[PDB]
Colleague: 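Model shown: DNA gyrase subunit B + novobiocin.
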Amino acid sequence: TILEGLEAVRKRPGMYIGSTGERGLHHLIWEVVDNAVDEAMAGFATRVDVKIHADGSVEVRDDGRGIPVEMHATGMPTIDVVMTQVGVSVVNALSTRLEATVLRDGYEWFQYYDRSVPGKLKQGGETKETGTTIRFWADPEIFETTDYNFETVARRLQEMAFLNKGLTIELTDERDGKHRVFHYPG
Amino acid sequence: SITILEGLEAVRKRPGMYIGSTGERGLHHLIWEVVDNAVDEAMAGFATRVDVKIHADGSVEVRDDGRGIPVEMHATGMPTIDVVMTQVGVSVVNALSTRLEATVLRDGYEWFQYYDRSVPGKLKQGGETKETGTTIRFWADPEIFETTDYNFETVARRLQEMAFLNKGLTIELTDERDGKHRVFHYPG
Ligand SMILES: CO[C@@H]1[C@@H](OC(N)=O)[C@@H](O)[C@H](Oc2ccc3c(O)c(NC(=O)c4ccc(O)c(CC=C(C)C)c4)c(=O)oc3c2C)OC1(C)C
Ligand code: NA
Ligand code: NA
Ligand code: NA
Ligand code: NA
Ligand code: NA
């Protein structure tokens, strides 16, 4: 049933991200970034870092509270409930791979998803830091393009910074070295 | 299999036999081993660039554009990359790390592997690419080392020396803890 839900996304992605061209591809970034910016609005995060990797993956890191990793009532870690059932599960469904690294509850935690199928959540080292890193690889079977446009992403992140005064958003493109930092005082 | 585990446990039992000591000098030996493997690939004529990143979580990432660690099934019934990470020089880094991740571009694909206290995960085949190279990210074990705090200046001075001794190689160093950076490239 959880698998059927994610397969429904792959069958009709337009129902979830509007379309499967360049605008649909960029929706994967908007979803993950919106989740990070939500932590800034909530008063926990101060910075969101976005990287476009040369392998076509995108990495989004925040210093918010960290996606909860404790066991959920449904019998999987809460992070796995999130990545299989809520908004960002669409990103998992339409990615060949998603990795999550969370700083929370005194530890670094590692999870991966292989075509949306969770690995086993691993507890890493001790840390007082909190936050979330998500890295995802858009599925080229789904999208008409896997080419992210730096200028499109930069203009969106600059507007997000303008609506969320005091938030810093950094964007790095590892394909060609482009780098921008956006922030408005607040 | 018993022998492979015995070998890694021998390293944890007496790390001084393999990296000299378990203070700061010993800690920095983990970076030298991984970087040495990348620089050797470059100067054997297969790579042009080595990128070293000290992450805010205390992990170190070393990336090269060399041939990539071989990933094909080995005669022993595990992938060659798992033989490498459990048996050769870099297996000392794996043994003295709580975690090691390898991302290899080779044989037409991006490949993902992890090691939890040197125990391999299942090697995963990712997307298609002609590109080749190796990325290793490792988390030094604080139960082994007296300190896990790498020194930017120590790393920079050693990488500068490596670039000087290997003319034509680019070595880039970034430290996400405090934003420090260097790029070394001696023409040759
Ligand atoms: C993709 O996850 C997103 C988050 O994205 C990021 N990047 O943080 C963020 O947008 C937002 O994050 C929330 C949203 C609400 C709470 C929240 O209400 C918390 N309060 C708790 O006491 C708490 C503790 C454990 C727990 O399982 C839950 C409910 C489960 C949630 C929020 C998934 C809540 C908390 O600690 O963290 C929260 C966090 C991190 O919602 C998620 C989890 C869907
Ligand atoms: Na949507
Ligand atoms: Na959403
Ligand atoms: Na935080
Ligand atoms: Na990883
Ligand atoms: Na290469």
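Order of sequence lines = order of chain letters (A, B, ...). We number chain A the way the PDB entry does; in order, the residues shown are 18-102, 123-213, 246-255. Note that chain B carries the PDB entry numbering, so the residues on display, from first to last, are 16-102, 123-213, 246-255. Just so you know, ligand 1 is whichever comes first in the structure, and atom 1 is the first atom listed for that ligand. Basis for what follows: all heavy atoms, side chains included, without hydrogens, waters or symmetry-related copies. Quick check of the header: X-ray crystallography, 1.6 Å.
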Colleague: Tell me where in the structure to find novobiocin, all copies included.
Modeller: ligand 1
Colleague: I'm curious which other chains sit close to novobiocin, say any heavy atom under 4.0 Å. Can you tell me?
Modeller: A
Colleague: Within 4.0 Å (heavy atoms only), which residues surround novobiocin?
Modeller: A/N52, A/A53, A/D55, A/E56, A/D79, A/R82, A/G83, A/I84, A/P85, A/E87, A/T95, A/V99, A/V125, A/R141, A/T169
Colleague: For novobiocin, which atoms have a heavy atom of A/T95 less than 4.0 angstrom away?
Modeller: 27 (O), 30 (C), 33 (C)
Colleague: Could you tell me whether atom 29 (C) of novobiocin has a protein heavy atom closer than 4.0 Å?
Modeller: no
Colleague: How close does the nearest protein non-hydrogen atom get to atom 2 (O) of novobiocin, and which residue and atom is it?
Modeller: A/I84 CG1, 3.5 Å
Colleague: I need the nearest protein heavy-atom contact for atom 11 (C) of novobiocin: residue, atom name and distance, please.
Modeller: A/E56 OE2, 3.9 Å
Colleague: How close does the nearest protein non-hydrogen atom get to atom 31 (C) of novobiocin, and which residue and atom is it?
Modeller: A/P85 CG, 4.0 Å
Colleague: Is there any N or O on A/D55 that sits under 3.5 Å from an N or O of novobiocin?
Modeller: no
Colleague: Establish whether atom 8 (O) of novobiocin and some protein heavy atom are separated by less than 4.0 angstrom.
Modeller: yes
Colleague: Among all protein heavy atoms in this structure, tell me which lies nearest to atom 25 (C) of novobiocin, with the distance rounded to 0.1 Å.
Modeller: A/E87 OE2, 3.4 Å
Colleague: Students should be able to answer this: which protein heavy-atom is nearest to atom 17 (C) of novobiocin, and at what distance?
Modeller: A/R82 NH1, 3.6 Å
Colleague: What residue and heavy atom of the protein are closest to atom 6 (C) of novobiocin, and at what distance?
Modeller: A/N52 O, 3.6 Å
Colleague: Of all the atoms in novobiocin, which lie at a distance below 4.0 Å from a heavy atom belonging to A/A53?
Modeller: 7 (N)
Colleague: Can you check atom 21 (C) of novobiocin: any protein non-hydrogen atom closer than 4.0 Å?
Modeller: no
Colleague: Below 4.0 angstrom, counting only protein heavy atoms, does anything approach atom 42 (C) of novobiocin?
Modeller: no
Colleague: For atom 23 (C) of novobiocin, what's the nearest protein heavy-atom neighbour? Residue, atom name and distance, please.
Modeller: A/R141 NH2, 4.1 Å
Colleague: Looking at A/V99, which atoms of novobiocin are within less than 4.0 Å of one of its heavy atoms?
Modeller: 1 (C), 2 (O), 33 (C)
Colleague: What is the closest protein heavy atom to atom 40 (C) of novobiocin, and at what distance does it sit?
Modeller: A/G83 O, 3.4 Å
